[PDB]
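For reference, the structure is listed below as structure tokens.
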There are 2 protein chains.
Amino acid sequence: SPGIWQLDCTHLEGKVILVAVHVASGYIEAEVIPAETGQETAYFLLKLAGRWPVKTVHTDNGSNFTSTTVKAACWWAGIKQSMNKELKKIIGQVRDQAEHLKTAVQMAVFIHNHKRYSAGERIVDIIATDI
Amino acid sequence: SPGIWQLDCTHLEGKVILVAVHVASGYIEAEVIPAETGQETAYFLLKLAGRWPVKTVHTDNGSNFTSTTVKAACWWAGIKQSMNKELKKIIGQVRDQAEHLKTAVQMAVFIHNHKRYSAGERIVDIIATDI
Ligand SMILES: Cc1nc2ccccc2c(-c2ccc3c4c(ccnc24)CCO3)c1[C@H](OC(C)(C)C)C(=O)O
Ligand SMILES: Cc1nc2ccccc2c(-c2ccc3c4c(ccnc24)CCO3)c1[C@H](OC(C)(C)C)C(=O)O
């Protein structure tokens, strides 16, 4: 289904990377956050839901979604309940080219979503067709 | 053209809101940043370019784009050189429902992009057709 996303955090350099994957396309969005908290997860979900038609979200750590703040973001936005290793591979390849990890992360996201169709091309096609 | 974006900052509550508008669709992405700096603008452009096919960017304040950091983000991502009032209207309507301005901003972005086709529907259609 085109509405399914998966969200997980990854750790690197003592920081936290929140990674969202559109399951049908492989498209990724990511953000570096200071620590794993429900508030950061909730805020990310609000941003994601404003950009794409997010219907359901999965995760590999179910406890990620237990906080009152996450539940409120899900409620308001109407959300119901590998590539990560690929992303860390790309991050590692570009890491020395940037001062800050967050820059390297966005470089890796850019590379992933435009590498070849591309993931960025597939998501827009999938969503447009579903409309 | 489907590759044209406009970026501007707006001020509210002593904070800075960076607003990107996809010109052909009216779709918006926004972020609350602590202050107007080239580093924040450059980082935002890197994130935007990884998500959409950003070919050119416009602004109502040309000096926004003079810093070395912005130029480097543009160079790497291959970027060449009203609704904002609407967004402030929506922000004002939902502001008292959230503690933090940043939450109200993302609520307003969500409302704008899904209000009716919707801006979110138009951008994916425009980009998919262009492929
Ligand atoms: C601080 C807080 N604290 C909270 C404590 C308990 C429950 C929710 C929050 C919420 C909250 C979360 C998600 C929402 C909210 C909405 C209105 C009001 N609050 C929230 C509509 C959209 O989604 C929040 C919000 O802050 C974060 C989004 C960064 C967590 C807020 O600014 O009010
Ligand atoms: C701190 C800095 N300082 C700078 C000083 C001068 C010029 C660029 C920066 C850059 C820079 C900007 C854009 C890029 C960069 C890339 C590699 C290295 N640096 C950058 C590829 C993608 O786009 C940066 C980067 O930091 C921000 C992105 C937050 C500004 C960085 O982490 O290296």
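The first sequence line is chain A, the next is chain B, and the lettering continues from there. Chain A is numbered as in the PDB entry; shown residues: 57-137, 153-187, 194-208, in order. We number chain B the same way the PDB entry does; the residues here are 57-137, 153-187, 194-208, in that order. What you see below is based on every heavy atom in this structure, not just the backbone, and it leaves out hydrogens, waters and symmetry mates. When a ligand or atom number is given, it counts from 1 through the structure's own listing order.
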* Asked: Which compound from BI 224436, AZD5363, AZD3839, 4-hydroxytamoxifen, VX-787 occupies the position given as ligand 2?
  -> BI 224436
* Asked: Which partner chain accounts for the most atom contacts with BI 224436 (ligand 2), named as in the PDB entry?
  -> Integrase
* **Chain letters near BI 224436 (ligand 2) (heavy atom < 4.0 Å)** => A, B
* **Protein non-hydrogen atom found under 4.0 Å from atom 4 (C) of BI 224436 (ligand 2)** => yes
* Asked: So, is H171(A) polar-close to BI 224436 (ligand 2), with some N/O to N/O distance under 3.5 Å?
  -> yes
* For BI 224436 (ligand 2), which atoms have a heavy atom of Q168(A) less than 4.0 angstrom away? -> 17 (C), 18 (C)
* **Protein residue, atom and distance nearest to atom 26 (O) of BI 224436 (ligand 2), heavy-atom basis** => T174(A) OG1, 3.4 Å
* Asked: Among protein heavy atoms, which sits nearest to atom 7 (C) of BI 224436 (ligand 2), and what does the distance come to when rounded to 0.1 Å?
  -> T124(B) CG2, 3.7 Å
* To do: Have a look at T97(B), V126(B), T125(B) and point out the one with the heavy atom closest to atom 12 (C) of BI 224436 (ligand 2).
  => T125(B)
* What else, ligand or ion, lies under 4.0 Å from BI 224436 (ligand 2)? -> none
* To do: Give the residue and atom name of whichever protein heavy atom lies nearest to atom 8 (C) of BI 224436 (ligand 2), and the separation in Å to one decimal.
  => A128(B) CB, 3.6 Å
* Report the part of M178(A) in contact with BI 224436 (ligand 2), treating N, CA, C, O as backbone and CB onward as side chain, heavy atoms under 4.0 Å; options are side chain, backbone, both, neither. => side chain
* Looking at this entry, which organism is chain B from? -> Human immunodeficiency virus 1
* Check whether any N or O atom of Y99(B), backbone or side chain, sits under 3.5 Å from an N or O atom of BI 224436 (ligand 2), and answer yes or no. => no
* Asked: Which residue holds the protein heavy atom closest to atom 14 (C) of BI 224436 (ligand 2), what is that atom called, and what is the gap in Å?
  -> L102(B) CD1, 3.9 Å
* Could you say whether the N/O atoms of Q95(B) and BI 224436 (ligand 2) ever approach to under 3.5 Å? => no
* Among protein heavy atoms, which lies nearest atom 1 (C) of BI 224436 (ligand 2), and at what distance? -> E170(A) OE1, 3.4 Å
* **Protein contact of atom 13 (C) of BI 224436 (ligand 2) - nearest heavy atom, named by residue and atom, plus distance** => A129(B) N, 3.6 Å
* **BI 224436 (ligand 2): binding-site residues, heavy-atom cut-off 4.0 Å** => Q168(A), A169(A), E170(A), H171(A), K173(A), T174(A), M178(A), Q95(B), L102(B), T124(B), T125(B), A128(B), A129(B), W132(B)
